[PDB]
Chemist: 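This is the structure I want to talk about, given as structure tokens.
Every chain is numbered from 1, with letters handed out A, B, ... down the list of sequences. So this one's X-ray crystallography, 2.8 Å, going by the header. One-based numbering, in listed order, for ligands and for the atoms of each.
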Protein chains: 2
Amino acid sequence: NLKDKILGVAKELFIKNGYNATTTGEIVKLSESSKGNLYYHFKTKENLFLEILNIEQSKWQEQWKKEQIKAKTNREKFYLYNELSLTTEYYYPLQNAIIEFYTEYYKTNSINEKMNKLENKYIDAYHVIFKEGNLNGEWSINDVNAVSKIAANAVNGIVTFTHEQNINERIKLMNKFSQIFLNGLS
Amino acid sequence: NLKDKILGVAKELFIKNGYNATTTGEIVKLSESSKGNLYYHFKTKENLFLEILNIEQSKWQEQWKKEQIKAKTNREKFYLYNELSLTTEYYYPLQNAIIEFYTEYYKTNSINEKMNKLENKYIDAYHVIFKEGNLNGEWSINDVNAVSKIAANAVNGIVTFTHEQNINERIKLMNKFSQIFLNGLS
Ligand SMILES: COc1ccc2cc3[n+](cc2c1OC)CCc1cc2c(cc1-3)OCO2
């Protein structure tokens, strides 16, 4: 394939090197491609990037649904989502690339034109869990949305700013977190 | 001084042009030093930069020392340090230089050495708030080292991954975190 072969090197580039660190030239070089390929469906570089997030985000979002069955009550759905995100190979490994891209593009409002659409799948997992949890009376959350975002980010914090130490110690901290969090919701 | 003079100018460059773009050649000339003197003092740009960060960390620690005097209880110091971490980084000139350096030298397990000591100094702040919380019974924690790593990285997450909402909602979200988190300790 051509496109699915570009996104295959581009993603690997954004992960290994930063966002800025990987150049369109590089992608085209280890893909035997040209400049044209990037025009009709692959416009700007930020387009290629925002696209890889979308894919990744979904591969993750999907692995979560084929793996959340192992969780009975939402309280378990909370711990488990926060645990899996630490071991996934999807999206979360690009967080660094994202940090850059989210600062190298603040003046250009053409970003949030589809950026926040991604931010939604980001807090959706937490939005369902916190809500369906009210139903199951597992807790009483009145501001589900704030909490949804607070959780997603806090979690992304622990996954991202601890990507160097013993993976097992990580699963430990993240767990004490979920625990301390949910417990603070009642 | 010629050492501080290198640091002064170096920090200004990094702020103006970033980490990658600043050459040690600029630093050397603009600071009126020599390649020899710059090498003898820092060896590399990586260390020089790591050296500024150390100094910034220290300015942060003093600022925090003079600021926390607005928080009587460690319960308020917690809210305050968190908010402080959000507001101040918002207009931090180096932010961008750090992001480059960080997401460009975290691949080298070498630089991760001094890099860990640093972050830890930023986490001690919490360790301290929690230990003094215990000794004052605002809460009970036996794993102060853990929660501190948690809080610090959850806060950090909430700061970094939400560089989009309006500064006013962000603080609400952070004070909402501070609240929940702190409540999950009793
Ligand atoms: C010279 O001024 C400085 C210098 C250095 C600063 C460093 C940090 N902050 C302000 C600073 C500042 O504010 C004025 C905000 C809180 C914070 C949390 C962190 C972190 C670094 C910092 O890494 C881990 O989590």
Chemist: What drug are we dealing with at ligand 1, do you know?
Modeler: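 That would be berberine.
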Chemist: For berberine (ligand 1), which chain wins on contact count (greatest number of heavy-atom pairs under 4.5 Å), named per UniProt?
Modeler: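 The chain with most contacts is HTH-type transcriptional regulator QacR.
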Chemist: Which other chains have a heavy atom within 4.0 Å (strictly less) of berberine (ligand 1)?
Modeler: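 Chains with a heavy atom that near berberine (ligand 1): B.
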Chemist: Extract every residue of other chains having a heavy atom under 4.0 Å from berberine (ligand 1).
Modeler: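 Using heavy atoms under 4.0 Å, it comprises B:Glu56, B:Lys59, B:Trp60, B:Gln63, B:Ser85, B:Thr88, B:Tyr92, B:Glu119, B:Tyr122, B:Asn156.
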